[PDB]
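A short write-up of the structure that comes next.
Numbers for residues simply follow the sequence, beginning at 1. Each ligand, and each atom within it, is numbered from 1 in the order the structure gives. All values below come from the heavy atoms of this structure, side chains included, with hydrogens, waters and symmetry mates left out.
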Amino acid sequence: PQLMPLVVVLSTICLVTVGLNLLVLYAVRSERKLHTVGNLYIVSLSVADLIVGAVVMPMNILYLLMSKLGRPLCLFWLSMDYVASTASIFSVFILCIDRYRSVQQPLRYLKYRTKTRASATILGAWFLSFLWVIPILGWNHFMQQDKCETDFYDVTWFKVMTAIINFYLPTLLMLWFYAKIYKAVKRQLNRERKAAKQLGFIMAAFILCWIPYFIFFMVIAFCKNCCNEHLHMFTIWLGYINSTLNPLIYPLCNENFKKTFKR
Ligand SMILES: Clc1ccc2c(c1)CCc1cccnc1C2=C1CCNCC1
């Protein structure tokens, strides 16, 4: 009776998130000058972003309006949320791989940046994401140990290991890549400058949005009586606000999106 208007606001977030994602997808599939050989990489993120919104928005809202469906639907919800997040933070990983390779002194380079390899690496990211999904459905039947939380919530060590891997290794390798990109930018004395700003703003938006979620998650990872239902919702939804913002963060630095966004 005192939290429903907030639920309505989070529901209103859905329309703009889905609209922005579909707008980016249509922009890529329309303009040849915008149909860049590398833009397809970021498209993966957008596609993942779109999935996120849908597969998370009503269901999680249906989690808030209701108090504490069945097993298959909620399990699929968790699995697809996990695959969407992993696919996003590996589309960004592929983007940083490609920026690192392309800005590294391109003498015997620029010949491994085609579109077939773009599709191949996107397919590989999707396949590895599904391989990460498989544990969500099959935590049981592999090991032998009303609400539907993560199935391995009672297992602290696996939780810590997966969080550590899927945050540190992407984010730390990404910071390495961004630092070397910035070093190359500084030594190479504007489109490259705006690409650097785009990568920097995407980095700032995750780090800032998913540092509270991860810090509180890792505090939970060793103690149970340390976070209620409140200090977690306000972090998950800042992260999803970040996912919504990324389609609008794209034109801020790479503003070639002018004509296609105002057709
Ligand atoms: Cl960068 C990032 C940030 C958060 C998460 C991931 C990736 C996926 C892996 C992962 C593993 C253990 C616990 N939580 C998660 C995350 C979730 C929970 C499900 N809903 C989406 C957010």
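The drug seen at ligand 1 is recorded under the name desloratadine. In the deposited model, the macromolecule with the most close contacts to desloratadine (ligand 1) is named by UniProt as Histamine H1 receptor.
Heavy atoms within 4.0 Å of desloratadine (ligand 1) belong to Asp81, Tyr82, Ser85, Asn166, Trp210, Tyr213, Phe214, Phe217, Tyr240. Checked against UniProt's transmembrane annotation for chain A, counted from the N terminus, the segments with a heavy atom under 4.0 Å from desloratadine (ligand 1) are 3, 5, 6, 7. Between desloratadine (ligand 1) and the UniProt histamine-binding residues of chain A, heavy-atom distances under 4.0 Å are seen for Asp81, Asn166, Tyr213.
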